[PDB]
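One letter per chain, A onward, in the order of the sequence lines. Residues 1-220, in that order, are what chain A shows, numbered as in the PDB entry. Following the PDB entry, chain B residues are numbered 1-219, in order. Ligands are counted one by one from 1 in listed order, and the atoms in each one are counted from 1 as well. What's counted below: heavy atoms across the whole structure, side chains too, no hydrogens, waters or symmetry copies. Structure method, as recorded: X-ray crystallography, 2.6 Å.
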Amino acid sequence: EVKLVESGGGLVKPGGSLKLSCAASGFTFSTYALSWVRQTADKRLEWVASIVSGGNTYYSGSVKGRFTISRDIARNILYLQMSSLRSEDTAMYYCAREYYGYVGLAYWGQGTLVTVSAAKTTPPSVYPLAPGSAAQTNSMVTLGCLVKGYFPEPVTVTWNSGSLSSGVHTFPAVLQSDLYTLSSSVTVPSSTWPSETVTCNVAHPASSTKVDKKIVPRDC
Amino acid sequence: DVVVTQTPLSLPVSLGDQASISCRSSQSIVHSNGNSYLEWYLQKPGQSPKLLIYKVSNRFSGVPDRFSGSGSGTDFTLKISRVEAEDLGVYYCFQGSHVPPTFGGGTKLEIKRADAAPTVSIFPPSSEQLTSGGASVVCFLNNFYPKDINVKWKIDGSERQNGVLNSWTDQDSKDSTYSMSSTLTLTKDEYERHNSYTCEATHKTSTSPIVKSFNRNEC
Ligand SMILES: C[C@]12CC[C@H]3[C@@H](CCC4=CC(=O)CC[C@@]43C)[C@@H]1CC[C@@H]2O
């Protein structure tokens, strides 16, 4: 089974450098063409670079001379060296393997998010969201968590360590003042909470933040 | 640089119907070797793009026969027969005959379903936040269709126009609906100076807004 995994993304200042990694396995490494593709905020995809079986590398005008793709055959690691970074470089970076003979991008990794900015790294604040005064309205209670004021992206959210998956809604972060804000909600049966625990697990890799906020009934 | 133009940017389709996406290159995609490296991809919300079709009409292992591709030179098409909910996401066509290889801007496939009113919930500021000297009132508008909806905030009767942030989730595969978050943020001081907080949802399914609110004097 083909498997590609990216890493190394994070926050970097304008004009800076960064080297991304992509660990491959499941296929003979030096036989196929490996590439780097990126996706910007507007969800547009753009080829960044490729290195074919023979060794030749190829780049696009927007990046030639700043980005250098290379592969470590002994370790099955594909690299992408970035230098003289620009705000436009901000995006999700995917490594992919061709199907065969320069045909298609058959296998993609999960992608590592690279943010180019001068803004300072900032931990998110997680706030529990509990009803204010219980009364009527069916038999299902809705709860939430407000992940506010962090930078940069991304942020991970789960409920009860991933055990609570049904009826969950996690909204995309919104940027305002160099800071991001996101929320998530989970709907459970009234017969459960608060006697049964409901906790949101928020993770923000850039600042090494990992918080488990338990939803508790609001006081007076 | 072969500019690949994709249309529409968004395409509605009901379950079991057919949908077609158009992809056109500013130059021929036919290569010297006689091949045309035109491909199609699908990226579902929160996921990586996936290969569907390559060389105009060749289906990648795993892709259902419902997906067919065709065209030539500069005009290409992706047809999706008997549409299912799981087919939603953004489709992209790709050209690999000229370097640099390029992608089209993408087409978002929306699934049509019965109209559904949002399930609204309002939440007062958490103790922890108040302690920080801040106060955000959050309103969830869950599982609705169509996507267009408006949220109005009122503090003690008057609508509050500033300090609001809204966020729509992508269409959900399980029920073909959408969800939205509305957050009203003020300082702790200004918040403790008022009593009632309400958020009014204006959707197509009703001529009168759905309302949710809480009074601070209440517990
Ligand atoms: C990126 C790619 C592998 C690298 C190929 C690219 C097609 C165009 C191309 C022409 C070349 O001469 C070098 C390899 C490249 C740059 C292929 C498109 C799909 C495949 O995965």
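Among testosterone, mazindol, zardaverine, niflumic acid, nevirapine, the compound found at ligand 1 is testosterone. Ranked by contacts, the top partner of testosterone (ligand 1) (the one with most) is named in the PDB entry as recombinant monoclonal anti-testosterone FAB fragment heavy chain.
For testosterone (ligand 1), the other chains with a heavy atom below 4.0 Å are labelled A, B. Neighbouring residues of testosterone (ligand 1) under 4.0 Å (non-hydrogen atoms) are A:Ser35, A:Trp47, A:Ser50, A:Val52, A:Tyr58, A:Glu98, A:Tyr102, A:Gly104, A:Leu105, B:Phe94, B:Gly96, B:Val99, B:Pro101. Summary of contacts: the protein heavy atom closest to atom 3 (C) of testosterone (ligand 1) is A:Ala33 CB, 4.0 Å. The contact set between testosterone (ligand 1) and B:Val99, taken as ligand atoms under 4.0 Å from a residue heavy atom, comprises 10 (C). Shown in contact with A:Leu105 at under 4.0 Å from a heavy atom are these atoms of testosterone (ligand 1), numbered in order with element: 1 (C), 20 (C), 21 (O). Distances below 4.0 Å separate heavy atoms of B:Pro101 from the following atoms of testosterone (ligand 1): 8 (C). Of all atoms in testosterone (ligand 1), listed by their number and element, those nearer than 4.0 Å to a heavy atom of A:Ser35 are 1 (C).
Remark: testosterone (ligand 1) and A:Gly104 share an N or O pair separated by less than 3.5 Å (distance only, no angle test).
For testosterone (ligand 1), the atoms lying closer than 4.0 Å to a non-hydrogen atom of B:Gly96 are 7 (C), 8 (C). Counting atoms of testosterone (ligand 1) from 1 in the listed order, those under 4.0 Å from a heavy atom of B:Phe94 are 18 (C), 19 (C). The PDB entry gives chain B the name recombinant monoclonal anti-testosterone FAB fragment light chain. For atom 12 (O) of testosterone (ligand 1), the closest heavy atom belonging to the protein is A:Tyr102 CE1, 4.0 Å.
Source organism of chain A, per the entry: Mus musculus. Against a heavy-atom cut-off of under 4.0 Å, A:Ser50 is close to the following atoms of testosterone (ligand 1): 1 (C), 4 (C). Ranking protein heavy atoms by distance to atom 16 (C) of testosterone (ligand 1), first place goes to A:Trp47 CZ2, 3.9 Å.
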